[PDB]
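Lettering of chains proceeds alphabetically from A, tracking the sequence lines in order. Chain A uses the PDB entry numbers throughout; the residues present, in order, are 282-602, 626-725, 736-745. The residues of chain B that appear here are 282-602, 626-725, 736-745 by the PDB entry count, in order. Quick note: numbers on chain C are straight from the PDB entry, i.e. 282-602, 626-725, 736-745, in order. Chain D is numbered as in the PDB entry; shown residues: 282-602, 626-725, 736-745, in order. The figures here come from the full heavy-atom set of this structure, side chains too, leaving out hydrogens, waters and symmetry mates. Just so you know, ligand 1 is whichever comes first in the structure, and atom 1 is the first atom listed for that ligand.
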4 protein chains.
Amino acid sequence: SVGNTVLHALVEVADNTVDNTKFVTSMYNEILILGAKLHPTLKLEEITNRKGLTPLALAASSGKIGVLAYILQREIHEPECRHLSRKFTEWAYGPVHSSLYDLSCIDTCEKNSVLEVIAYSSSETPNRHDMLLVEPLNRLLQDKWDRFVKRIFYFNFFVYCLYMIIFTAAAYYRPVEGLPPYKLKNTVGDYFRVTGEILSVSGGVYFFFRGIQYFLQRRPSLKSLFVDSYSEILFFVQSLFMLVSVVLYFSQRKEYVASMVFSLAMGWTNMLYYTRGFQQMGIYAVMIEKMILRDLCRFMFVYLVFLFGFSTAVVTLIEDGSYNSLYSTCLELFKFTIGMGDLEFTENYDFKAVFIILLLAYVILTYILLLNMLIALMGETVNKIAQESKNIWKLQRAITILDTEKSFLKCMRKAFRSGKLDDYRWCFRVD
Amino acid sequence: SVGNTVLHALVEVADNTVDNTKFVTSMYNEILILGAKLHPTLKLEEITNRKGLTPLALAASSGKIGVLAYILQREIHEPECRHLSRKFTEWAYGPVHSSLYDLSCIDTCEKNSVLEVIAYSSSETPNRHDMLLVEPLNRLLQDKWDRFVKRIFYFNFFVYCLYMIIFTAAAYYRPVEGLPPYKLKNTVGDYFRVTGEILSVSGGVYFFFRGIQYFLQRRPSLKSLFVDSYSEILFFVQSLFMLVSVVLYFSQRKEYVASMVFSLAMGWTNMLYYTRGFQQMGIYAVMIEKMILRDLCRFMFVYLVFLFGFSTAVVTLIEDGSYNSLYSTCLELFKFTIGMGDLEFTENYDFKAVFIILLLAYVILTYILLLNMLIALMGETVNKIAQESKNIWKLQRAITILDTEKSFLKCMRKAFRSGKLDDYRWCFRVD
Amino acid sequence: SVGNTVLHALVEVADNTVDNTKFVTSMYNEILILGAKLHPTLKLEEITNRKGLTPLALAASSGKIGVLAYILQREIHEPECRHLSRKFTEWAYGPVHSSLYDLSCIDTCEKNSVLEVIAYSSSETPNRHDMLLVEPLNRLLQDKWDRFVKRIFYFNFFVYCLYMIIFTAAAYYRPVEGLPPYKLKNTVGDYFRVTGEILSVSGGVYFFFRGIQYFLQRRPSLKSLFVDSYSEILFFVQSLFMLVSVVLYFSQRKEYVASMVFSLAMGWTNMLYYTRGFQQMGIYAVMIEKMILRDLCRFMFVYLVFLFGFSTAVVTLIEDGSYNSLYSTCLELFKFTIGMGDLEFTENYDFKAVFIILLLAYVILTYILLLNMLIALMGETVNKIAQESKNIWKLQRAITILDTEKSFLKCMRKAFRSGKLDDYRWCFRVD
Amino acid sequence: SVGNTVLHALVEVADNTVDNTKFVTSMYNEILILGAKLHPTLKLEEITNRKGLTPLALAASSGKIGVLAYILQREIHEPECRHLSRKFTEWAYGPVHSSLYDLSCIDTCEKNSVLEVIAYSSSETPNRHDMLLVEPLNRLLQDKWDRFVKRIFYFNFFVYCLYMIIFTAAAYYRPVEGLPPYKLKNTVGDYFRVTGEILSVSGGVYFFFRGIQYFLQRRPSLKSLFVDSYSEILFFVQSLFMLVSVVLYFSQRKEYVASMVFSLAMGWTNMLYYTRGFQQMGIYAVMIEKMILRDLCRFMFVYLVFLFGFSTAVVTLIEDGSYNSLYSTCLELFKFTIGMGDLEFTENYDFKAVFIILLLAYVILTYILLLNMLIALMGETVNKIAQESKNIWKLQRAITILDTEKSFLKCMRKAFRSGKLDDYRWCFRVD
Ligand SMILES: C=C(C)[C@]12C[C@@H](C)[C@@]34O[C@](Cc5ccccc5)(O[C@@H]1[C@@H]3C=C(COC(=O)Cc1ccc(O)c(OC)c1)C[C@]1(O)C(=O)C(C)=C[C@@H]41)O2
Ligand SMILES: C=C(C)[C@]12C[C@@H](C)[C@@]34O[C@](Cc5ccccc5)(O[C@@H]1[C@@H]3C=C(COC(=O)Cc1ccc(O)c(OC)c1)C[C@]1(O)C(=O)C(C)=C[C@@H]41)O2
Ligand SMILES: C=C(C)[C@]12C[C@@H](C)[C@@]34O[C@](Cc5ccccc5)(O[C@@H]1[C@@H]3C=C(COC(=O)Cc1ccc(O)c(OC)c1)C[C@]1(O)C(=O)C(C)=C[C@@H]41)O2
Ligand SMILES: C=C(C)[C@]12C[C@@H](C)[C@@]34O[C@](Cc5ccccc5)(O[C@@H]1[C@@H]3C=C(COC(=O)Cc1ccc(O)c(OC)c1)C[C@]1(O)C(=O)C(C)=C[C@@H]41)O2
Ligand code: NA
Ligand code: NA
Ligand code: NA
């Protein structure tokens, strides 16, 4: 009905349990063998459904770990069936076994490769996180990293550091005259300043168009828009602030500074994107992302409810006879959170006992709030957050490898390890 | 002796263990079959005890989850006994099993339904918390939520937000002249102000009478008054502050403001009641409630003992030669807890070493106390607090559904799924 | 060699493991039966060693919980041996079994009873903590609590509250003239003041002599002096401060205030002693004690090493050209711990970069210290600290019951449950 | 190929698992027996590879705890093979077994002893950490500690305390005249000052040469430089600061103070080195070392990225119309971390909303950072950090014993327990 065959149904049946995995594996193997015996001329696994996914691509995209692990490491040691295998063993010693894997459909299917569907999954799949631990995929990604992607990624991080340093210098040394745009001066420092500004705007345009390219190629669902693509959204919003700053700058508004500094701040925090992909340092940025997306909404809602309620109570209580505004009272109550609450910031009230009782209740409740946030987050420290962060680190490495391979910047796409070692299957030697 | 029958004794025997659950289940099944064979004209499970509870209602109210799960999903596949079943399976596929459950006695018994006794239990029962996860009850509550209760609850939350915004505006813009009540002025701003005040008092009266209705219909035991009914108590106390404010306002006392701001503060914090029912955000309000009721007493007693002891020591030590009162010293020592302790807030003493030693001991002991509070709370985070909070979220969802169904605001009570599909058992189709 | 018999050796063999406990139980039963058959006229278990301990008292004092549990609940249902049993079951129903336990040697041996050795042991024994959960002992202690000790303990806590309130009032309203003792005034307030002072000194003398009595009766080893007897030490030191205050007061030194306030502070914190014995509120009172005795020494040593090192570095760096003392610099660096560190508290230096680097290093290191303290304490929260706190709560209840029974304040010692129900064995009915 | 024999390769087989440990045990026993039967005159285990390691030294250095445990406790009870054993039982009681272990190759091999290779390994080995718990090694190290090393270590700690007190006094009382060196005055205070300075520089020279000696003896790889030899690196850097201070002092620079205070601060914090060796107190210093080396880098990178980004945004936003420098803004934003952030530290801007939004975002993000650091560190508290800290404590105790034995300060190296009890195997009695 959906253009698929029995193998896609087999992929759908599996639920990453031992018995169902073995059942699906047995059916998959027997069906492949019988299909080869019935139709030796047909490629059984190359039929794509209406979504353009092969059974291997469907297993990769659907989060079916057992099926993917079986298929990628499938090996056959009987006549009339060796042509259906993907793994081939070259040497068999005690501790080490050297074997050739098939890179076909893993690096490219011309629509949807295995690494692409794994990396660019919706993140709502059951356990895609561990799919990169499968031997051929793990070693392929590590080889791609150590070969050429590592240097390219470090170069991109260095270039981003230069871009941010130039942006910081250009923004720091912005002229303080009124009503932009500003006329240049013959002093060399001003030529360096405008060169830095031009480079900053160029980088902003680059990130803007890269963000548009990402959103058009990925087409986020608008429900998982922030769950995935978080770093891309932050880079795009930083570029949006940069371009709004350019518009305000040429529109003769000093409010361009209001945009620019936000972009500047975002730009520096966007260096955490490059931190992700490091085994030790990337975990921290991953945890920041997950806390902001997942655990910050409820805390900020409850905290702002308490802050607004008690600030409205306090500002109602105080009357002039300084701080008479709701904003000032909100700031004074927020100061308690940062350990700078005066607790006698005004005397412009009647019923001092009421004012002090309100502030003490706010303090006690706010510390209860912070304590409950801590407790709620520490309830998830039993192997959950650590495993999730290591998994996201692996996924970021995979995504970086895929993006760098997509760019290649050399008009040359060849990045295979062993080559076509007839069975031209793009072998991959693993020792 | 208490008007009950053997089935209620069977309910009492069970203790939510596998062996006793199976034993009680076997006895219940055999008793029902034999009773139907002996008295085919009698409804065996409809006999109520002195408390008006059927054996199903007793199992639900008593926290006997195994017996409840057996009864609600009871199915019979033999002649002469099909009329004793509640579950009826109509289709049996691999992944799909479509069945009709019996809603009789779950939505209403005319005195005590299953959902009512589960939701309004004393909370001291063994395992009521997971009773809402039993398939017919979970599906029924989710159906009621998604059907009509979700919109009504969101509307009530929106109306409460409007009420609180109006109250905040009316209280913020209160006149600052002396000796209320204040004469209405012809300016439109004062017409809006008095309209907002009238609406605020109307909402206060509404919450006051709803609190009275809740306490009269529930009749809390005065020992679990705060363990359950916490949100209702907070709403009622907020309304009490509002009405005391009205009395003081018309009694020509400025002290009405002292009441009003507390109500205002409480009103905003009472928005957390609407937060409960959200799977992610409601856990925070649940944790706040549990910490205030359970853990705050211990910490507040120990902290106040240390604060009062050291403040009495300090105020005794200092002598005039500002802060000479016990209240001022208590505030100055409290300031250490919020990171604003001066540690040299006065020089009006002899024995500077004694004063500084007292303050340092207070600081060290207070941080020891806060550390031990953290430790004691973190000792309870091993899958306990999180599970309790998820359970309370489910219970609040059920309570919201029951209250909304009780109101109905349409002079129409019927909210059944499948209707009378002869055996008119108010079927509920689950797929 | 040590005056003991076979039963004491059997007690020593046990190590609170299932197999060794069963072995010791079998040997104890068989040797008791054989001894009764060989010497029917002798009481086998009444022989005491050189320490005055019976085998039951040795098992209780040595922390051999399995042997104690077997002996206290020993029951015999065969002829020629019933006289060797302690438990006597009178009724055996399904949910309830009504039995008589032997209180002989549990309430008194005239030297060392079971409850006395359990409560007043060094606390270094293996599992004295769970010995109070043994059915006869748990029910006996709960019965003693609910019968008469509960009211006496609450009365003592109330009297201590009155004593501390009187002390706080007398010390707060101390005269501010120089050179005590102070001549009285005919105003009634001064008569109340001197009456309060006399009552405060009387309470101090009472606690002084009670502390002496405790230390003479227990004779602490001076190595477990603080691990046990912590509350008694705090009460004794509070009384010592009171008596030193009396001496300084009559010695014409204002330094009596230096003593008095410490006593006052200690007195208020000593209310936590009465908090212990409550299942919930007592936990903090337990945990604080442990943190002071166990976890505070190492943290304070490391923290003071860092504080003193960086304070010496800073005070060396700064030079006059206010804070030039080591004490002032130590206070200014301590202020960082309480969130009140200025970070520019002086400009009296050369090399501002060095000063700021030192302060930033101190801040980062101190927050690492606090973080590592938290981490180390949280590493022991996996059922260890909480269980110890519950156990110490039970032990404090037992100690309170024993002390109250020792006092009795009625010239009447009998507090047995069932009496001499021939075999007059001071029965205790458990249902 | 590497100068080894079969025993070394067999030792390399083990991976500290039960099955491979048993396999290696059986093969090692059979190889030794057959070699003795084939070559009775040869010492089978004395053959060293190109690294100078015996199979025992290889098992110890390679972190093969099971093989080491078997070899060190090897015992033989058959003829023609007793000469191959190391453990010899002298008495066999029920709870006590008194046996003689062979100290040969444990105290010295003349190149690489067992204790030396265990203590001075790279720390990257699988399970060297628990090798010190092997009965002969644990008892030997405890015997060396209690015999003579405990007093020597406490003497060294006392001498270091005197050195640091003298250094603190000499640096505190440094003259405040310009342009060192300072001329000695005839007043006795300056004689004490110059004596203290000479002693401080002498201690610095001592630690400098001891650091060089250590680095020459170990030759760290420069990649594991800080993970092991952290304490020696800190002592060496303290001495480097001392000697740079000496050079600047005689170079007529006041900047010597800039060096001296660092060597003062480090010196006091280097007392934590002596804290290691206490069971309870040393864990804190171990945790500080691990926190600094492992976790501080990533947290400080992310924190400094946020601080620098928002400081650049804020300093760009503010314009003169005080704090106009990036350094001042960085300090003002750092103040939020220590609870002293003003949140209105300047008004020299336009767009107050932008400034306040930036500061609030920085505050919220920084507290998210601290919360995530806490969470990440608490995720590793499930028996991981505590066990590693206890292990490193045991390692430091062993290192202290080895260094003290290396010094001996008595021109006498003999420290064996039982001596040559014929078979002169340097027996060690364990009971
Ligand atoms: C798009 C979103 C969701 C976002 C954009 C801005 C407004 C952001 O605040 C938030 C909301 C916020 C505001 C204030 C405090 C905390 C969170 O979170 C990010 C967003 C969140 C941060 C903090 O997190 C990071 O950017 C670090 C980071 C971690 C992992 C990544 O993969 C990453 O990719 C670039 C970046 C930085 C800001 O962009 C920033 O510099 C300022 C001034 C505000 C931060 O909104
Ligand atoms: C009736 C009780 C028990 C209660 C009423 C008042 C006085 C309360 O303080 C307490 C005690 C207290 C006082 C100061 C600090 C902490 C706790 O807790 C609640 C009560 C507790 C809070 C904080 O908790 C909440 O109301 C949020 C909430 C969570 C879950 C809910 O189901 C809920 O239902 C409305 C509300 C808000 C206050 O009502 C408030 O706004 C002020 C000024 C004080 C709080 O007393
Ligand atoms: C005898 C000891 C060991 C002790 C006596 C004094 C000096 C003490 O500080 C300590 C050390 C100290 C000093 C400063 C901060 C923390 C700890 O701990 C107790 C001692 C510890 C405390 C804090 O702990 C408690 O007394 C609460 C408590 C808990 C459990 C109990 O069984 C108990 O019995 C009375 C008391 C209170 C003080 O006595 C006090 O009021 C002042 C001014 C200092 C405290 O020394
Ligand atoms: C060589 C390193 C790695 C080191 C040397 C200096 C600069 C150090 O800061 C660090 C980095 C640093 C800076 C500021 C805050 C935290 C960490 O960590 C240590 C180093 C770390 C510390 C804190 O840790 C300790 O020395 C305690 C300690 C624990 C365990 C040990 O075995 C130990 O051996 C001596 C010392 C103290 C300093 O030496 C010090 O006194 C000052 C002023 C800075 C600390 O650099
Ligand atoms: Na904290
Ligand atoms: Na924790
Ligand atoms: Na603070």
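- Among the choices simeprevir, digoxin, resiniferatoxin, quizartinib, the one modelled at ligand 2 is resiniferatoxin.
- With heavy atoms closer than 4.0 Å, the chains neighbouring resiniferatoxin (ligand 2) read A, B.
- At 4.0 Å, heavy atom to atom, the residues around resiniferatoxin (ligand 2) are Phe587(A), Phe591(A), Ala665(A), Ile668(A), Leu669(A), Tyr511(B), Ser512(B), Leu515(B), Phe516(B), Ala546(B), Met547(B), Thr550(B), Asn551(B), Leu553(B), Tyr554(B), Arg557(B), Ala566(B), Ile569(B), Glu570(B), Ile573(B), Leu577(B).
- Considering only non-hydrogen protein atoms, atom 41 (O) of resiniferatoxin (ligand 2) sits nearest to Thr550(B) OG1, 3.0 Å.
- Checked against a 3.5 angstrom limit, the closest N/O atoms of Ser512(B) and resiniferatoxin (ligand 2) fall outside it.
- Nearest to atom 45 (C) of resiniferatoxin (ligand 2) among the protein's heavy atoms is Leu669(A) CD1, 4.2 Å.
- The nearest protein atom to atom 3 (C) of resiniferatoxin (ligand 2), hydrogens excluded, is given as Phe507(B) CE2, 4.0 Å; this is a heavy-atom distance.
- Between resiniferatoxin (ligand 2) and the membrane-spanning segments of chain B, as UniProt orders them from the N terminus, heavy atoms come under 4.0 Å only for 3, 4, 5.
- Closest to atom 13 (C) of resiniferatoxin (ligand 2) among all protein heavy atoms lies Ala665(A) CB, 4.8 Å.
- In this structure, no other ligands or ions lie under 4.0 Å from resiniferatoxin (ligand 2).
- With respect to atom 42 (C) of resiniferatoxin (ligand 2), the closest heavy atom belonging to the protein is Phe591(A) CZ, 3.7 Å.
- For atom 15 (C) of resiniferatoxin (ligand 2), the closest non-hydrogen atom on the protein side is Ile668(A) CG2, 3.5 Å.
- UniProt's resiniferatoxin-binding annotation for chain B and the heavy-atom shell under 4.0 Å around resiniferatoxin (ligand 2) share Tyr511(B), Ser512(B), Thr550(B), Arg557(B).
- In this structure, the protein non-hydrogen atom closest to atom 12 (C) of resiniferatoxin (ligand 2) is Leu577(B) CD2, 4.3 Å.
- Taking every non-hydrogen atom of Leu515(B) and a distance limit under 4.0 Å, the qualifying atoms of resiniferatoxin (ligand 2) come out as 1 (C), 2 (C), 4 (C), 5 (C), 19 (C), 20 (C), 25 (C), 26 (O), 33 (C), 34 (O), 35 (C), 36 (C), 39 (O).
- Near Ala546(B), meaning under 4.0 Å from any of its heavy atoms, are these atoms of resiniferatoxin (ligand 2): 41 (O).
- In terms of protein heavy-atom proximity, atom 35 (C) of resiniferatoxin (ligand 2) is closest to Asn551(B) OD1, 3.2 Å.
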